[PDB]
Amino acid sequence: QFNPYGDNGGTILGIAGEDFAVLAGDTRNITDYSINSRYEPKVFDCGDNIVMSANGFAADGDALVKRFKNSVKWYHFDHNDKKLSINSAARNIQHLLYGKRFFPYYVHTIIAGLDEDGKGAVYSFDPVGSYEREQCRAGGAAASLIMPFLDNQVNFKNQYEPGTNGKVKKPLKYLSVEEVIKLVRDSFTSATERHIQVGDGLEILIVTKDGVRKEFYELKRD
Amino acid sequence: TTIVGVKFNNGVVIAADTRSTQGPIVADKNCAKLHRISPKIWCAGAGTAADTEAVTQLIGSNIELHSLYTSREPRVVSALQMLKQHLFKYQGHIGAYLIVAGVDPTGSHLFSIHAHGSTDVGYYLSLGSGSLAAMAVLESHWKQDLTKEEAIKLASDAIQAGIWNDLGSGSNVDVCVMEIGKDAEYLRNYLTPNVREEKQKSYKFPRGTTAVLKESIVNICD
Amino acid sequence: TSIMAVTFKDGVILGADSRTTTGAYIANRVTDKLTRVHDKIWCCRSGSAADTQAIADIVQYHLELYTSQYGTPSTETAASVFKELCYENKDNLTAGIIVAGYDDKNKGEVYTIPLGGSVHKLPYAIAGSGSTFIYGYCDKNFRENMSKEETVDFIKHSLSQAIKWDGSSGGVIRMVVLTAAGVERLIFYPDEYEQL
Amino acid sequence: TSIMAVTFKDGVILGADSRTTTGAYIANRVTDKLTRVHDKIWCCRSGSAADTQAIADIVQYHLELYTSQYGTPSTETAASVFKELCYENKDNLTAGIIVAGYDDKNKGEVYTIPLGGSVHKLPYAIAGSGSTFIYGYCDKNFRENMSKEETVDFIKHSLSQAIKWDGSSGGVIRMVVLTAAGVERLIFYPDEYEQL
Amino acid sequence: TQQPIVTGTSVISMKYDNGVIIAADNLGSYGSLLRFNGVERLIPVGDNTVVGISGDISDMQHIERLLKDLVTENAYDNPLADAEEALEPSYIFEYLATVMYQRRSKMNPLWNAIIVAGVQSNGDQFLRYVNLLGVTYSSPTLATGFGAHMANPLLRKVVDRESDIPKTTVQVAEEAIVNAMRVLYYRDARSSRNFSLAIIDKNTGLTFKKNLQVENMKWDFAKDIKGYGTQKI
Amino acid sequence: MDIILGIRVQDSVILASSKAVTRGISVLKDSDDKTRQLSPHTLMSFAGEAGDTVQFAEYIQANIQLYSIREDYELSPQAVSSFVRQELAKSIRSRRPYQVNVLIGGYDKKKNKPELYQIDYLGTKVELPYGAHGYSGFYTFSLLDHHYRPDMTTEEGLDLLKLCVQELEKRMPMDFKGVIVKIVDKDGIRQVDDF
Amino acid sequence: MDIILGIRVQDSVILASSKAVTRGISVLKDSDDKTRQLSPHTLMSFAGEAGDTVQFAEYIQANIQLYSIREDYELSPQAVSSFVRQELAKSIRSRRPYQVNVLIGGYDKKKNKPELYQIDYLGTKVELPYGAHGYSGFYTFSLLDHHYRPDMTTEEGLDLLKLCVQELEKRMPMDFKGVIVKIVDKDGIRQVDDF
Amino acid sequence: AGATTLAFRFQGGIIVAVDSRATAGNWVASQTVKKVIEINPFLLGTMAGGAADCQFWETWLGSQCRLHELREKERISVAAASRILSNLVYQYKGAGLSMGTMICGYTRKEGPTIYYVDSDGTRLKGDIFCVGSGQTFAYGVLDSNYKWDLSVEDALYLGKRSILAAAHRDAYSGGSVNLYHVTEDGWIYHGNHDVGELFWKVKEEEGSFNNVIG
Amino acid sequence: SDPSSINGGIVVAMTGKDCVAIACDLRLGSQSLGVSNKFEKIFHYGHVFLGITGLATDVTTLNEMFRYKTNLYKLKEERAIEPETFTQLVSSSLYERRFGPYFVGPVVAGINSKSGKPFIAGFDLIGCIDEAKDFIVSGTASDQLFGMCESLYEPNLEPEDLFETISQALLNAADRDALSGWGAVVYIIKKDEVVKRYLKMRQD
Ligand SMILES: *[C@@](C)(CO)[C@](*)(O)[C@H](CC(C)C)NC(=O)[C@H](Cc1ccccc1)NC(=O)[C@H](CC(C)C)NC(=O)[C@H](CCc1ccccc1)NC(=O)CN1CCOCC1
Ligand SMILES: *[C@@](C)(CO)[C@](*)(O)[C@H](CC(C)C)NC(=O)[C@H](Cc1ccccc1)NC(=O)[C@H](CC(C)C)NC(=O)[C@H](CCc1ccccc1)NC(=O)CN1CCOCC1
Ligand SMILES: *[C@@](C)(CO)[C@](*)(O)[C@H](CC(C)C)NC(=O)[C@H](Cc1ccccc1)NC(=O)[C@H](CC(C)C)NC(=O)[C@H](CCc1ccccc1)NC(=O)CN1CCOCC1
Ligand SMILES: [Cl-]
Ligand SMILES: [Cl-]
Ligand SMILES: [Mg+2]
Ligand SMILES: [Mg+2]
Ligand SMILES: [Mg+2]
Ligand SMILES: [Mg+2]
Ligand SMILES: [Mg+2]
Ligand SMILES: [Mg+2]
């Protein structure tokens, strides 16, 4: 019988800073044990300082991104070129996903950008449209490997202040863009070692008030 | 796994990758898939990891006892026969796919065995998930009258094809050379083209980070 | 597989392709499906590679033990040992075997053993997935008491067509000639047989 | 079924057996599987008797309406109408049809339409369950620009073998000759073709 | 919900310095039966694009008709149909990809795997894949079916990444493709010896080669292979 | 497991319905009223699939209330039961049927007689002296068959009803958290608060 | 469903087991004692598949009684629990496993301490201050986690146990017909007749 | 999925308390999920079952409630709001929606009101409701300690302590506790409480959880 | 009905400079229901340590079995069993039940008394040995542990530093797994002293 879904592998990662936000993803595309592409981007600049990735089944992921980009375009036409805020985009994407509640887009969606106060924002969606704003979110194949590491290094979970008898937690603080990219690179190189669907390349999209910048790093190709 | 075997002038060479998987997860990045049945009879194994190790050790044990009983150096056809009859009896439930090779008083030999008990003869063979990638290389570059150095090159190139193109295979290349009139040389980690790059940051914690409830000295002595 | 055995004036010739498949992947393109169970009793193997190998190995053992005690076995006897294994283990086997041998008294004989484990003595036999495409050709072109060269051409042309139409058949055409003279191995490559 | 259509010097000849089955019971032993969709465009029907009849009836209707408006249709056009039905209703049909026709410009043409609804223009075509057994025979014996008598013998010998080996084929061999001269029906009975 | 009947196997392709190469054998299989031998699975669109299709042949013939109708429709009310407003490989690909995804979303797919190879108006090489699921990806080398498992590894030894494309000549790239087609003939049970090959160059344009054969094969060593283990004769 | 019982006596109809609402391994509520007043002298109790029960009961209620306003007249219990049966008879061959069983207790003011109708989800209507749905009748019918007399008073009917509930509480596997009892007579509908 | 609870307090172990035996839609019995005395200071309660429960409990009982006679000595609760666990561990890989869950309450006379062991049908043993099997723990563990103190008296343990039964009687879908409570201490085993 | 949500009526209005954990099998996807949906300033809804189904349709509900008060110039009743939602999901019955929610509000004509609304069409008015994988654990603490004349301070603690009970025992419940107090003039948020820190704090101060070493 | 994820739990082992560490959570559950917070999954036979995850009845059974076998080994050999030898014993014993296996993920850890070399190893349920220089992971949060260990680990850590690394790897992995946690224990093993530390973690 015909199965309309597939798994193109890959893993993505969105981290929010104080005045910036990053959305990373590996560039490897796979089916079963085969590599389809070593460089197939799946993190996109959608306009209005919004970056987006829909990981899982690539056909559904491309369709969703394509529909959202189109949603941004029509938001400008219908509302006098008003800038689509990250929170408004998130709510719109919920309606795109839930519109196919009974034949879902088989993807894990993450968007990143700046909120209306200029502060870094990341939103994550389930396949049918439930969404939540978060500081940190990994999605895809190696999410289970990356996420507990972020909990420990970004949100400082399970780390207590030395000498305080485990009574005083290590204080939360905003990281620099340089420190965040270090964690992203180490997250993906670790995931590359232990997950077969992760590797080849790492493409990061950084969002600031100035615009959207890109950075690329090689990963192991085995 | 990717495993291969290649015949040459005065003997035979076998090779293997070093990835061990557990689902999509890499359990061992440097596992040994080349097994010694007797001093000059070696076996490359693919499939169910425990089965390849168990069946190669059992037949190796019985081969040793047979060698002592007959006062003769063991033959590859004996290991082949003992392996296939064992595997056939278990109707494929012992998931061992092997490339058996070696030198004996009769000469140099190269065989493959499948889980259900079928054997094949050849000058070049490949087994495992990456066998197609490896066989593509073997079919492209193999020729009659190979030298020792040419056979090692061809064998390792075939394993590399699996390492890079097959997600089931990865990490390093192991080789074993069995030449007539000489001791067999086992070349563990003959190639190491997947060295992990330096990490961006050290994750060594300040001492006392971890909260502790109780401490106690354990008695290991009598 | 495509396999066949054909009796002729001086004895019998076995023929086979060299393809072994796992789904659509060719696991071995130079397989030897013509296997010796006695000096001048050979068989053509089709079906499961594991099952047919295990069977042929057991038959070779039985005929070696037969020879030590009672002297050279008949081709009928060899076919009977094959049958016994294929019939009694029919539920667990997938083996289509053709048994061919040369006696001095009985000359060339051919016995075919299908899946069920039945035995059928014939002037010639064809089996394997590729045999379906040459039932018409072989029936129209087979003659009794052919010469060696005629029989070689008959098998060559027949298996050439079987290979041409059957995806599960291919590679080289192996042949084994069984006569009073001895045992002769023949091989024929794609460039020759394809353009027949 | 065993069916075939063969182009030759003067035009094209369609050939078929006459067996219709329900399991192993022969529901009709004198079936006519060669059916007219236009004066000199005929088809060979295989697969479901209901499906192929319904299709041929619709095609005949389309080509009758075509002729009233645009004049005589080409054999390619007839094949296209068949294809359209077989392709668009592939999920609900079991029909293997060979379309054969004679133009004055294009001469004899043969188009085969397998289960999926694909179209393949060929010098000759064979189809039906019994065709499997004569792929080798037909490939070795077919020549282009044969005479009428040679083509009749080719079809006769081919379907004779298909009938001999296929339990789902039998009865009489019907043939329809399409040339500039006109339309000729031929029939050949068991006593003749069996002992070829 | 479909099941494929008459099928075509691997389509392989790669980029070189001035263009792209694509190839596919001329076989239409009917399960294990190698039924049709004169099947062209490379379909040119204009003088700058070649669509290579594998999978169901009836669905392939449908796509042929769509592409042929696309060329007709583009020429309507278009004085620059043979110039600036001619069909690009990127236009042809996106159209097919739209159709393939729409059909999978109606649970009535075109049971195909397609590779669109061509050269854009600005000289850039175009090479992209799409299948029955509407899945799309691009790479310096692309292959369908068995080609993905056996050809890609050989073609990636020539062009392992983007920087290797300017270093790869048309002679070297064609040699690798022809070698790959031989390996597929060795190892794919639903392949044929006869195949077609197409080159789309930004300077010399579209070169379409028909009736090629796999040659320089190695079979001689087969005579030395006897039995399956112990047999000496 | 939803218990609904009905007894028609000389001058009234008595309906008893279990109070428990269970979902999974938890009793979410123990005071649920499984009935709706269709008209001043007609009461319908119900049991079956979750959601369907209330949705159906209220849909019927609305239709009967609409009729009452339009004609300024109360429909007879027989007429209401026939309407309800038809709706269930339509439902059973729909895309998604109402899986609801009902008892309709009413007092006909023209005949001066109490009437009890039992209608299952298939649209199977019967007029009875006493009725039940589900497994409830498997325990109680032997008691009613024995002690039930046609000339009983309302008080005698309540005592007979107590006997049934006691038997259910003894032998039924689940805890249905007691019953709400309602009486339908010439003066209309009222609830027994202490049972 | 079959409810079995266990609480280890300062100087004793208390076991509470439901009295209902249900088969189909009928409560066949409402006074069933789901326990066996293995030795004078060791008691085992049980719940699970019908037939298997009693057959297993009595088989264990016989084996422990045999040991007592042979050695003229009472086995410690720990030793008995280990023996029971092993038997269930053997059982789970048998042709037809015992589908029985048990609690073992005992008083160790050498240590002068009460001990409660929870063993499921797989042979999964744990020593606990309080324990349950089936759905029983889903309701009661939140109460025990809150009110349970390790230095409680037997009377305080019984009051805590009453609190659990009340919660089960309120929220559990079925009627389990109350519980038989038994206490295990230095003086042996005795039954609380009024609960 | 896994969750523990509760809501109960009392003298001072309604307490709503939920956990924060979301799981995809054994994998803990999030510890910071919002299971209270702020339909409007006067109405709250709980998330149990399908996260999307609850979010989407209870947000949609707020849109319908806003349209009601625009047309009728009056606050919508909790009865009518719960009914709009239950009638909506009943239309979708059989399609596969997954929802178990408590619609909570406090109006003049009704007072504090809670309606349990569920994806198979159920609509129940009640005083206490607990929904989710850890509902049984929370019910036990609630039933034994609940009284109508609870103070706002004590009622907030009871709801917090009940979630903690479930978070401890139920593997698929935890992360943090979100508290809400619903009054006639609107709901009031009473903070996010990490269960890790909250557990140790309650253990020490209350004397509970002796089975746990700390 | 997946035997290896009914009870839950995790074990991790690591090598350092002239030392090894092995750690485990303390949870035992019945699917969603937490049953025990004192279920230790690490055992020792002389100076050889064995962690076991998976089905708890098999964990208990195998401990009792290896205690049985190592006691008899010692009586006959007149010396305590070494980690390398014990590793082979575990592998043999598990493969003996190849077609009716114990549903477990064992982990060996220890220091060879003769050579002084730190040793760790992991197994699958049918006895395949996974020897490693760096670390071994097992249990229902093995994916999570792989991610922590692969990033946090570095070679030649001192006992006091190694303790922090393994503890953090376990804790943060356990908090992203529903079926793991409820307490934790870490063994720090030197040539002739062994320290055992209970960690403070969230109890949800
Ligand atoms: C390449 C890498 C894969 O194609 C090679 O073929 C290698 C061969 C080398 C290592 C000898 N194969 C593997 O690595 C092999 C792949 C595999 C997986 C599952 C079935 C067959 C083959 N991996 C294994 O054998 C691992 C070895 C571990 C990592 C040490 N074992 C498992 O994955 C076992 C499978 C055991 C098994 C039982 C019954 C029949 C067949 C296999 N699976 C698990 O451990 C999964 N799970 C862990 C949690 O506990 C429950 C079981
Ligand atoms: C022609 C090809 C067919 O008539 C010949 O008969 C030859 C005969 C020669 C080789 C003696 N037959 C085959 O090549 C034979 C085809 C076959 C396949 C399955 C059942 C019966 C016959 N091929 C094999 O036996 C291969 C040989 C291996 C690759 C060396 N074995 C398999 O395909 C195994 C066999 C398992 C089996 C199944 C049922 C009965 C007996 C054995 N199958 C697999 O490994 C499973 N494979 C996994 C990947 O997905 C495809 C299936
Ligand atoms: C040869 C025989 C096969 O290639 C030919 O192709 C001829 C073609 C001519 C007649 C046009 N084919 C048949 O004779 C054809 C065989 C067949 C059977 C089923 C499906 C496809 C092809 N026979 C028929 O179509 C018969 C004709 C009747 C007896 C007059 N019909 C049936 O066998 C019907 C068909 C139902 C059906 C099933 C699936 C697809 C389409 C139609 N079947 C039955 O009546 C059921 N019968 C009940 C008794 O048990 C056996 C099955
Ligand atoms: Cl073989
Ligand atoms: Cl017909
Ligand atoms: Mg969706
Ligand atoms: Mg990788
Ligand atoms: Mg072929
Ligand atoms: Mg016939
Ligand atoms: Mg929890
Ligand atoms: Mg946890």
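Quick note on labels: first sequence line is chain A, next is B, and so on, each numbered from 1. Both ligands and their constituent atoms are indexed starting at 1 by order of listing. Looks like X-ray crystallography, 2.6 Å, at least that's what the header says. What's counted below: heavy atoms across the whole structure, side chains too, no hydrogens, waters or symmetry copies. Excerpt of entry shown; contacts counted in excerpt.
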| field | Chain with most contacts to ligand 1 (name per the PDB entry) | value | Proteasome subunit beta type-2
| said: Help me out, what's the drug found at ligand 1? | reply: carfilzomib (bound form)
| query | Which chains, by letter, have non-hydrogen atoms under 4.0 Å from some atom of carfilzomib (bound form, ligand 1)? | reply | B, I
| query | What are the identity and heavy-atom distance (to 1 Å) of the UniProt active-site residue in chain B nearest to carfilzomib (bound form, ligand 1)? | reply | B/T1, 1 Å
| task | Note the single closest protein heavy atom to atom 23 (N) of carfilzomib (bound form, ligand 1), along with its residue, its atom name and the distance in Å. | result | B/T21 O, 3.0 Å
| Any N or O of B/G168 that comes nearer than 3.5 Å to an N or O of carfilzomib (bound form, ligand 1)? | no
| query | Where does the model put a covalent connection between carfilzomib (bound form, ligand 1) and the polymer, residue and atom please? | reply | B/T1 OG1
| query | Any nitrogen or oxygen of B/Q22, main chain or side chain, under 3.5 Å from a nitrogen or oxygen of carfilzomib (bound form, ligand 1)? | reply | no
| request: Give the residue, atom name and distance (to 0.1 Å) of the protein heavy atom nearest atom 52 (C) of carfilzomib (bound form, ligand 1). | output: I/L125 CD2, 4.1 Å
| query | Is there at least one pair of N or O atoms, one from B/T48 and one from carfilzomib (bound form, ligand 1), spaced under 3.5 Å apart? | reply | no
| query | What protein heavy atom is closest to atom 30 (C) of carfilzomib (bound form, ligand 1), reported as residue, atom name and distance in Å? | reply | I/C128 SG, 3.8 Å
| query | Any N/O of B/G47 closer than 3.5 Å to an N/O of carfilzomib (bound form, ligand 1)? | reply | yes
| said: I'm looking at chain I - what's the name for it in the entry? | reply: Proteasome subunit beta type-3
| query | Given B/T1, B/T56, I/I129, which one has a non-hydrogen atom that is nearest to atom 2 (C) of carfilzomib (bound form, ligand 1)? | reply | B/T1
| field | Protein contact to atom 38 (C) of carfilzomib (bound form, ligand 1) [nearest heavy atom, distance to 0.1 Å] | value | I/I126 CD1, 4.0 Å
| query | Are any of the protein's heavy atoms under 4.0 angstrom from atom 4 (O) of carfilzomib (bound form, ligand 1), yes or no? | reply | yes
| query | At what distance is the nearest protein heavy atom to atom 31 (N) of carfilzomib (bound form, ligand 1), and which residue and atom is it? | reply | I/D124 OD2, 3.2 Å
| By chain and residue number, what forms the binding site of carfilzomib (bound form, ligand 1) with heavy atoms closer than 4.0 Å? | B/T1, B/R19, B/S20, B/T21, B/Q22, B/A27, B/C31, B/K33, B/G45, B/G47, B/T48, B/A49, B/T52, B/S129, B/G168, I/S4, I/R98, I/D124, I/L125, I/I126, I/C128
